[PDB]
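Structural view - acifran in its complex with Hydroxycarboxylic acid receptor 3.
Heads up: chain A is whatever sequence line comes first, chain B the next one, etc. Going by the PDB entry, the residues shown for chain A are 11-301, listed in order. To match the PDB entry, the residue numbers of chain B are left as they are there, and the shown ones run 2-55, 181-354. All chain C residue numbers match the PDB entry; in order, they span 6-62. All residue numbers given for chain D refer to the PDB entry; the residues shown span 1-340 in order. Because only heavy atoms are used, hydrogens play no part in the values below, and waters and symmetry mates are left out as well, while side chains stay in. Just follow the structure's listing: the first ligand is 1, and inside any ligand the first atom is 1.
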Amino acid sequence: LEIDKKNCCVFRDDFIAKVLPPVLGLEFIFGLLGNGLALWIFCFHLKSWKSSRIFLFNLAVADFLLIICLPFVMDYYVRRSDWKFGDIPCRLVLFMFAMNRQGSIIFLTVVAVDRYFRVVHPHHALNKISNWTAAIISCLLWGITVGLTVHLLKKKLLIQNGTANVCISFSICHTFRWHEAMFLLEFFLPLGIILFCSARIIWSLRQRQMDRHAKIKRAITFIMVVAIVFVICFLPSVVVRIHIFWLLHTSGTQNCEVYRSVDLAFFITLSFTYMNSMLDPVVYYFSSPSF
Amino acid sequence: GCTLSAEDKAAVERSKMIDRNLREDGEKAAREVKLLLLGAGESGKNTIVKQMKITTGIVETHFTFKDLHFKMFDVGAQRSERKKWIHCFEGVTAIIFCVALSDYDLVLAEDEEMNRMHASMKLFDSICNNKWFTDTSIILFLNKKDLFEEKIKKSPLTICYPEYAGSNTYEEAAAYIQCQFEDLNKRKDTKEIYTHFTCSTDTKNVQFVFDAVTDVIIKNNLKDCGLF
Amino acid sequence: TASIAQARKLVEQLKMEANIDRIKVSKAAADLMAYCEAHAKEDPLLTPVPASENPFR
Amino acid sequence: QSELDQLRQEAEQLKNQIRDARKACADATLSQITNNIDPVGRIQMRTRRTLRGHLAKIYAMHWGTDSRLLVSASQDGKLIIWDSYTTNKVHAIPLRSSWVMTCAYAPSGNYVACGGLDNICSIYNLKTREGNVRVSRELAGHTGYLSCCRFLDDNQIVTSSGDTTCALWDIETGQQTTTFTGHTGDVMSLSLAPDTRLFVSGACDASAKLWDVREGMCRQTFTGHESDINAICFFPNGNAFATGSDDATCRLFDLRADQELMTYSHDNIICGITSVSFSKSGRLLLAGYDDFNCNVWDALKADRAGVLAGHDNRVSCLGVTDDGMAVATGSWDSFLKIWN
Ligand SMILES: C[C@@]1(c2ccccc2)OC(C(=O)O)=CC1=O
């Protein structure tokens, strides 16, 4: 039918229930286990708290929340439709996914910037920064994330397509809504920052020798590891979004039969953004000699 | 606060001002680099300090280079037991050790048979393998190479090291001495030893100290963040 | 030359530290026990003190 | 060298005679005499106060005679005076040399003293015309690091140093009135008698000596330990003193019997003792250890009557107030805790 005017078709596919739910459940279980164990270690098993641990704590919290709010979408796919829960726990879940993902990206970028300043500028005041200022920075970052995500809360996110109710935010429409702009923006700029910081770290550490200790050699690979993990986890979604925008521009919003395959591929690739939440403890939390 | 009297309020504000001063002093003192200077009587510590700076007890030298404030502590005057006060220096950025490599044939004034170089090696072995300096970097300075070049032509190194098997060229002898000193390091995993060959006119030792300190601080930062 | 002087000093020390009045161990132990039991009620750590007269509440 | 040999033989004969007399005077032992004594209940104290503000390791502390104020010394070059009742800081004296190793409080509450690797004993005036604190004197006669200092009056002080000597000073003059040169190793601690007519010291030669302040001579020499002596305390009665060493043992000596009386050791303990102190009645012997906690001993039965465990690093100093109300402990983790 229609979704707040702006004639644009939405699609429902039965292919999702065939493939996604098992893989998504496995990802949820792995992420929940990793996040819970990491939180258990950090909250009580450790006493020395620094700026790096503070900045990692918020990333762990965001990953834990994103893993927690996932069975709600498990229900959305196993039942295939109707969003039985209601209306408020649709805006709520579409808020708590976007906010969690944006927080994860922001805290990954902050960790990378902290490492870059620790390696390239060893004698800087930012390296010796009090826990109080770290808490202020964390609160400000969380506030920015919530302020950018709250746009979806003061609206209506229901469609009621015939006998099926869909709880969706990515609606294929000829519009330049803030959601699509944010989805495009929160990838390239953090990608550039991470690549620049990683390249500077590698170059400055390599020209300065320091290869005999071999723990420097152990740690010089994890930077590129996390860079490529971020790249592979967040490239396909933005690629598919760009292709969808190009198709929408070159074919309009009519003839709602070509969008089927690209929408299916988009929903396939949107599950990649949940893959990083289970690898994050592996390559960021248990990958350090500290514990 | 609400129930406190005037005298209690005065005491509380005095305590708060004292706390503010203590915190600012600690923050100011946490940005400096602390170095412990060691050696022997004629190792050449004073010669190094001559270009570094540009009642018995402990004498402290403060110098600035590239916007870093350094602080060297010379403890050569303390002739008491070393084990009773060596734990006060646990937590220094690095240890600077001075060795006169031109004294391979000279002998100690106190005891004739014992060589000076062997005594220096024993002192280095004691310091390097100390339990309070498990992961503290050591900067090794070999001082009198100008006299070493002249004395190695007319004398063989086999006097100090009877197991030496090589030519009496200056480069080979200096390399052999460097490997003899660096072989005493029994950790090789927690600490790094930096060796430099200097003279009375090298005038570039402060840059070497700065580079070693920068490497140590980078390693400390990486250990703190989680890597390394 | 001074070695004999230091040896004489040590001999002097041992000479006028070896001539003192030494009591039996039992008497000293009894005196210690008597002093400990005489001030037992005055020790605020041997016996718990009521919170009324405890300045460190 | 025949004269030297006969002198050595005479010294050996004198030592044998002294040992034989000591053995003869030992009719019984304290432990079997104290058999019919009710064991003290399990002592359990709690951390009533925690004083924070030091940013480096704490090496020494000393209680005031009013049982309310105390001074502590830290390697960040600070000398803080605390109010134990309200935790408030009264003074914060900066030091010229940050390598401080000891501190003391005047019995009248007017002066404090400190020293360390600089070989100087600096004396500060607490009550002045203004509200600040300024240096009043600097005693500079020692050739090794200064390890302990105690006040006799407002005009006398006794110091010990790493040059194997102890000295008595005059604050207004500034000269060593007397020198004590018996020891052959670094002196690490000293303790004055309540009447301030005698004092004992313990050195690195595993022996302790008793000195007369007025004369300047050693009276008795006590041995029995196996390693360094790190702390010494003097019995409240005035006829005994306790010694803590690096061999994980504490011992009690009697001045009048002139021999060791009783030893305090346990099989699990392998770390050295850093500080010892007595309770007001002398029944409890509190000792600080290297294994991060303090132990309370029964001075008559050698039974562990309690454990004070609240520190994350080595306990370097402890002291009991004059009225026996509380005991304070300092540690290398830069915190002071008051127990009761
Ligand atoms: C597919 C989707 C969804 C689907 C059903 C219920 C809630 C959320 O997952 C999010 C997301 O991860 O950003 C956006 C969505 O629209």
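Tracing acifran through the model gives ligand 1. Other chains reaching under 4.0 Å from acifran with at least one heavy atom: A.
Heavy-atom contacts of acifran within 4.0 Å involve A:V83, A:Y86, A:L104, A:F107, A:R111, A:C177, A:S179, A:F180, A:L280, A:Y284. The UniProt transmembrane segments of chain A, numbered from the N terminus, that have a heavy atom under 4.0 Å from acifran are 2, 3, 7.
The PDB records the source of chain A as Homo sapiens.
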